[PDB]
Amino acid sequence: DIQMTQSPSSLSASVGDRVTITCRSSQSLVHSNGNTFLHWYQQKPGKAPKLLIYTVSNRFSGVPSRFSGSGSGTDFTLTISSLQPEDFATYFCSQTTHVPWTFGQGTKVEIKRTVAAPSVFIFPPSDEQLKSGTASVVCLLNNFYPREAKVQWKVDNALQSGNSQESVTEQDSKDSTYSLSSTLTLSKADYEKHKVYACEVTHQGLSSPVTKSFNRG
Amino acid sequence: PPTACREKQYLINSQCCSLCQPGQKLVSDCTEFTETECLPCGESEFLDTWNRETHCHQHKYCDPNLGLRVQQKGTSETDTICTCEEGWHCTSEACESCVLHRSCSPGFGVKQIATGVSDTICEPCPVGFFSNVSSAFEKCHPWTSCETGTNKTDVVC
Amino acid sequence: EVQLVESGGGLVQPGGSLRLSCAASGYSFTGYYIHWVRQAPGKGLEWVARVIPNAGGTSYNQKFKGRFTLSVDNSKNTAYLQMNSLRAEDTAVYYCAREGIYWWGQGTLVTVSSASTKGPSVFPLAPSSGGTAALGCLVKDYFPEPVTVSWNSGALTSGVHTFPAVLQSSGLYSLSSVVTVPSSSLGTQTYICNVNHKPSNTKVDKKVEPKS
């Protein structure tokens with residue numbers, strides 16, 4: 001099998017900057033008929049891979065001109081001449097000169113921007129839910145950068161563990177920010193005991209951890 | 001349209017495609033978008049050239065009737081390599097038959113020891129040196145010096 | 001132009017079989033290989049196999065040589081991938097590609113699990129009490145993926161954040177969709193999340209509004 005060796009693994013760069021990614025083939029990808037069947041893709045979470053460049057350097061119809069492919073033999077480069085917000089994705093190369101087809105390990109590109117603190121929001125459980133006997137509390141961190149933030153869950157000023165889960169969005173096509181939800185799950189039983197529910201959010205863009213809370217009622 | 005192709009390639013549907021490397025056999029023809037598909041030779045089998053063969057070849061057996069034995073078993077790119085038994089040598093580099101090593105007779109001695117691929121050179125024992133036995137190992141001994149003889153006998157002081 | 005439609009995916013149990021279809025158009029069917037490629041959640045593409053409908057060849061990745069079989073019906077310009085003895089690491093989006101063509105279709109998701117089809121509960125996430133307010137829905141206890149969420153039937157898109165699903169100890173999935181909006185518009189304007197879980201065929205429109 002032809003091994004494709006892609007690098008870097010991860011990068012972060014400012015809007016407008018040149019971004020360079022490498023693929024290497026363990027052997028030549030040149031067919032005897034002259035064509036070199038190496039291709040570049042962009043893949044966004046949850047979507048199919050979008051073709052950027054085919055056969056080394058031919059930019060695909062509709063693809064912006066900031067994407068361009070170069071190289072030959074076993075040595076190829078994908079260049080983004082001027083990174084844009086919408087360009088957040090995993091990029092990866094492909095060889096189809098030989099079966100099996102093989103692929104680079106991908107490069108996760110992320111836009112770097114100025115620091116942005118989250119807006120916080122807490123969401124008491126629905127009464128509809130309470131009928132089922134389960135009680136999901138939700139915290140929402142909105143439009144923050146960078147991706148590193150901590151959610152601390154508190155029940156009567158007493159801190160939690162093992163129970164809550166987290167999710168994070170793709171970087172935003174316009175903002176270049178992230179959003180976080182934090183579902184602290186419980187049972188009706190355990191819920192209606194305690195009184196104060198609170199969300200301590202720690203993030204570099206807040207000078208001092210911010211808290212949002214309700215009381216059941 | 002194309003006539004010939006380069007080394008390690010063959011013409012098919014008016015286009016050059018890759019031959020299968022040594023160690024592999026052809027399994028599927030190339031297309032205009034995909035290069036020739038090949039498969040490594042199985043155990044006991046081999047192919048020692050760039051090729052378009054659909055079957056590999058069987059390793060040769062080293063013929064015991066010629067005093068021959070397996071030295072290196074065959075790989076997928078290489079045939080069995082044979083050799084001779086202990087005390088015999090191959091007639092050629094290619095080791096097609098085995099011959100017992102020459103013994104250097106009385107009055108001669110080994111200028112060169114027998115290998116597994118070539119044979120004993122002998123020399124006549126010069127002035128000052130002797131040998132009295134036939135041996136494929138033994139060389140010409142010097143005469144007992146007379147600070148207290150032939151090409152065969154030791155001088156008596 | 002040349003177009004290849006993948007078809008057949010869904011939820012099947014370990015040890016089950018499943019035949020996917022690749023229906024092809026816009027090219028001379030018998031003169032070109034169709035390849036199958038797959039992508040497990042979170043992982044890269046992996047080449048599965050190819051077949052050419054002049055009945056003149058089939059190639060399989062070593063990994064799948066026992067269990068999978070390619071197949072062709074010329075009368076319907078279609079190619080078939082038959083998968084057997086299915087295992088949980090065969091859970092993937094299965095795509096389909098003609099040699100020479102370097103773009104991908106939507107594929108067809110195959111899930112392999114002991115677990116069973118269940119639709120979600122759609123609880124609300126009511127906006128608390130001029131600036132910005134946040135509201136959303138919670139889409140709890142469903143399986144398998146995927147689920148879609150739209151707000152106001154696609155009308156509302158700015159400020160929306162549909163989070164990725166999350167697997168709970170339960171072995172069931174749970175995702176929130178939220179939106180930020182003017183607090184002014186609370187009660188003046190109406191908010192409906194459209195949840196849609198085609199596996200279980202549950203459609204839920206849910207209105208969300210301040211709690212009283």
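Below, chain A is the first sequence line, B the second, and so on; all start at residue 1. Heavy atoms only: backbone and side chains are in, while hydrogens, waters and symmetry mates are out.
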- Item | chains A and C: main contacting chain per UniProt | Tumor necrosis factor receptor superfamily member 5
- Drug or candidate at chains A and C from basiliximab, motavizumab, dacetuzumab, gosuranemab, secukinumab: dacetuzumab
- Message: I'm curious which chain of dacetuzumab racks up the most non-hydrogen pairs closer than 4.5 Å to chain B - any idea?
- Response: chain A
- Query: What residues make up the epitope of dacetuzumab on chain B at a non-hydrogen distance below 4.5 Å?
  - Reply: B:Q9, B:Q15, B:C16, B:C17, B:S18, B:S28, B:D29, B:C30, B:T31, B:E32, B:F33, B:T34, B:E35, B:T36, B:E37
- Using non-hydrogen atoms and a limit of 4.5 Å, which residues of dacetuzumab are in contact with chain B? A:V30, A:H31, A:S32, A:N33, A:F37, A:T96, A:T97, A:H98, A:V99, C:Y32, C:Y33, C:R50, C:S59, C:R98, C:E99, C:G100, C:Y102
- Message: Just wondering, how does the entry name chain A?
- Response: Dacetuzumab, light chain
